[PDB]
Amino acid sequence: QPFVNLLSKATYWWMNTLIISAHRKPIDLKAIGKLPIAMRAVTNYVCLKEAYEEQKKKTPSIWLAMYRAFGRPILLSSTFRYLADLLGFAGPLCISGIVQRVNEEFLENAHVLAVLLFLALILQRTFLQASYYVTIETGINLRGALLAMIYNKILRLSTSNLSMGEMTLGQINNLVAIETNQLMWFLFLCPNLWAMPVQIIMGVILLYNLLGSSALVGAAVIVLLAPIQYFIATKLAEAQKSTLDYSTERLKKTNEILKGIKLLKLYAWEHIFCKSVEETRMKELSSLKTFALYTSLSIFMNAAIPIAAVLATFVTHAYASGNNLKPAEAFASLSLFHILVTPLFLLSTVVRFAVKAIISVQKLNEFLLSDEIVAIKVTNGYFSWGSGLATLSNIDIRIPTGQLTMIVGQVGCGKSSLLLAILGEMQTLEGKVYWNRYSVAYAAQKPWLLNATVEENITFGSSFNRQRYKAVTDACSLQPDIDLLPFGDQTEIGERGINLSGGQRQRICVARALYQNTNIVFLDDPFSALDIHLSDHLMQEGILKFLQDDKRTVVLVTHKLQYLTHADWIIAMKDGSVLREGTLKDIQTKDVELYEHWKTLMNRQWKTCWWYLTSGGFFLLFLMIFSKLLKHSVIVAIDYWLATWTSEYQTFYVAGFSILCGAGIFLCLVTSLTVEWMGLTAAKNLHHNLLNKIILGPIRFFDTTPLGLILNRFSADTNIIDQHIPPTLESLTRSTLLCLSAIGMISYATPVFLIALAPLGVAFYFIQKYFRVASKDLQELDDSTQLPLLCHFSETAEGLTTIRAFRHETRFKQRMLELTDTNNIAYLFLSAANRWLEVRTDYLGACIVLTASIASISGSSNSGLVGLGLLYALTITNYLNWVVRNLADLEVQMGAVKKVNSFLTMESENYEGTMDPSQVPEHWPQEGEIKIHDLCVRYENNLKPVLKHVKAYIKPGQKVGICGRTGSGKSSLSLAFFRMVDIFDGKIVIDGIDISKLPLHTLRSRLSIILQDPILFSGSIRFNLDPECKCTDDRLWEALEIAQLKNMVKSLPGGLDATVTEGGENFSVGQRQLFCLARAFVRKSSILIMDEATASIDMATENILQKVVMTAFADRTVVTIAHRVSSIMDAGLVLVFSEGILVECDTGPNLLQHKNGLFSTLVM
Ligand SMILES: CCOc1cc(CC(=O)N[C@@H](CC(C)C)c2ccccc2N2CCCCC2)ccc1C(=O)O
Ligand SMILES: Nc1ncnc2c1ncn2[C@@H]1O[C@H](COP(=O)(O)OP(=O)(O)OP(=O)(O)O)[C@@H](O)[C@H]1O
Ligand SMILES: Nc1ncnc2c1ncn2[C@@H]1O[C@H](COP(=O)(O)OP(=O)(O)O)[C@@H](O)[C@H]1O
Ligand SMILES: [Mg+2]
Ligand SMILES: [Mg+2]
């Protein structure tokens, strides 16, 4: 009975059910059983950690610890691998014996030898496939522990700027994605280092015995394949490494277009800004050409050399040896080269991965050495962010139990430092910290949000309590902003989630601390980017009413001393030293100056598959498929030619043999180049069009579509097409022809074999049909679960302070251990499913050999031909698997092309204008007059007009003001000028021309608009002044001085051509608004649209805008939508829009004069 269990483990019958289930229902984690504790990340991490700690007892070596953990399984796998190679060598020996016994006793009989071959091949591949699976179990178990192990370091890292920085996040994000995968892949290929070289030595050893001194000449050439393959391998790495480099920043430029896409389209240089991506795109391809050529060359040397090896052998033996070639010798030896081609060709891969693994392990072992770390009573505190210099000195604070212990100080002054020191985030060189450590609900000063729901973010692993959630939402005033969110409390936020504003981001985290039921809180300047009212609102209810009900301690570091009276305690610290400790009563009496000085500052106020091929052009598609037929035609004839030559058992046969191999070598070059030459042309045309369609795409699409999904087309899907399809498409065509031809050639040698084909074809089709859908679905799971694992590691890296603060370590560790477990299963059952296919094609493959062996014995053909059929029988079993696995890989990759093709045909905005271009003369908007005729404006095809029946004549040069109710038709009207929102009815006429009846790009260009938050794109300031570059350089300097920025610019390096960070990082927010004004003047628009211009702008900077607008654009007409409606008091023409209706339309003073209308209530 236990033989049944051994067999079932040996042929992966256990996977079979799942495979069949894939047809009935998609395979999913529910359908896949839970991973055994023998392979869960917990046990693997414990084993590896125990080995590593024993090593640390003996710096410890990662390599030796990994061996001590995972040695026995790879020893077993290598034993299986040897037993597989030795039985694989039965192939040539059995073929030689058969051919000798045929053509005229227990072992000599061909039948007994034929059956022996059938048992050998079955046993060879049962062993060989099992040997692969053991390493995969070992390899995955290794990746299981490492991801757990390096994660333990992340929670124990230190956030000091010295030990952690922007460079640090590069390693950890890359270590999980790359360093471990390279280390895992090495383990998959670990046996080969001592398996393939043993086979190579044996293969040559047999060759000499088969032929004589001739085979060495052929063996010598074949040996040279491996050094060639390594030299080609290195050149691929440099070609690919450069290729990734251009691709990496090409995505960065892609992100800039896709984020803030409206901004580019408004200024009409969406086309021009796109071409900046094409410039890098051509360089990306210029790396690919060097890569594609070398990949084709690697294919060439994989085929041209063995054919040159045989040509070197048989020609040699025809002269060095008096004996004419015998049929048994030829096809025994000729088979052996096919046995040796794969290990010689792939040996460059295993050694290269050995180099990569040793690179990563050294990289990963450097990682581990990275630096690792009265409610609150601290006396004589001395804290330092490393650097051997106490960043905090003379620290002595007391935080009374269950009271608001607020801290006051100036810029710097150890503001955030004091809190983190209590949390163990920095070294305390002296003193002692007494939590008189409980869980501390610290709030990060910076905004760090998980890629999950707001409710999860506020609960943060706490049991839901809507009444407790109610007060938190009310006290932190999270209720109103929630209504705006798509899925409410189930709105996923963060980098993966919806992009928020700074003020709303801060309140979410603060709410978390109130949610957590702990005696201690550390609220770090929540009002950093908040309105004063909400902070006052929080100080009344959230700070006092909510917390005092819980009677928990609060330590709120504050900069406005107006709330110190509310504070039960005040802590004054400056220069990293505590100025004085005491309440407001104690501080004023003891430190009279502090009371006045603070108050002084307080006073201060598969049809796609065919579609993909045709992309290059019919000739390129024809040439590839036409030539590949010819290559096999010559190759097969070469194998046949030996049958004609060896049937003799001699300058004729050799002569015809050299030329054939000459064409075979040459045709190998042609069929190698044509496939890749298709790939680049197929790669270029697909991506080239795609960027155009997105740019012309409607703005409404970008609002609907998540930003993560759109960029995925250019990041992953385009990567698949460019680099993965041409390799797979090459191997599929090569493997199919070999399988199609070999079955043909065997059948031609033994026509009786065709009767035996009827069942075998049926069996192959069912395995081909069923596995494809089972591998495709598992493939989706492997990618699906891999991505959140990387997201978790990046999320835990950022803001470890909170994780250490809340004592959320263990819960977060558990999340990772389960997250990786869901990922290993997907990859493990992807490899086990793939193994199931390989076993059941060899069990099928052995049947082809067995039928070919038995049929050939019965046939009385030429002794060479019966040998030839057996040769292809052995080759079939090798390639009959890759015709399925590559096809599955091709089918999945055709998914990317299907997605791209949809985007290509999905949508466009109508850039063409019906009226002739001659209609618009030079400087059309010069007049500046605006005319609105019964306008109706709604972006969504079926929706109410956001602007309805709008009509208000605008005089030329009139600083018209438009305002109303918050969220009631104010900004929509702005884009209505820019036609971004379709004017379903009515019309807008500017200077006697309806804006609808004009080319779209003309309308966008000749206008000037300023959004609420200006954004500056990567490049020079000249790039941000005129991407079109048409404007002469003289004007560019004028605008900055007009914008009052030229003086600031001159200090910057490079003068006018000064590099600018993407997104306006270099310039301050106030400075950012200055950049737009520079763009405003150059256009000579005569129309300015300042929608929410003063919004998100400091009052000091705001005065400049009013100074600039009244002066710089006096002749221009400024249609202002003010953040503060008071600025429209002096507007000569003022429009009020409520519910999409012109509720008030008169002069500013006349608005108060006519009646206490909407504007009058708006201001007052
Ligand atoms: C675990 C993922 O990877 C594997 C890994 C293995 C273990 C393994 O030494 N393979 C040999 C193949 C045989 C022909 C030697 C090999 C060696 C060097 C380079 C690649 C490969 N192979 C692996 C990558 C695909 C190309 C051939 C088996 C099977 C697989 C697999 O596909 O599932
Ligand atoms: N995590 C850290 N790593 C290294 N240096 C730090 C760290 N936190 C603070 N410092 C340094 O300690 C000093 C005082 O920082 P402090 O805690 O007062 O900041 P802050 O006033 O809260 O900051 P900000 O208001 O700019 O956000 C500064 O020199 C600062 O660079
Ligand atoms: N992307 C969107 N999709 C659907 N409706 C929106 C979208 N953005 C805004 N709205 C709604 O349309 C109105 C537009 O208001 P608007 O006139 O643009 O002034 P503001 O921009 O100051 O809200 C808002 O009340 C809002 O509720
Ligand atoms: Mg700070
Ligand atoms: Mg608005």
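Quick note: numbers on chain A are straight from the PDB entry, i.e. 217-274, 282-327, 343-611, 666-728, 745-913, 975-1018, 1028-1542, in order. Read the numbers this way: they start at 1 and go in the same order the structure lists the ligands and their atoms. Recorded method is electron microscopy, 3.8 Å.
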Ligand 1: macromolecule with most heavy-atom contacts, named per UniProt: ATP-binding cassette sub-family C member 9
Ligand 1 drug: repaglinide
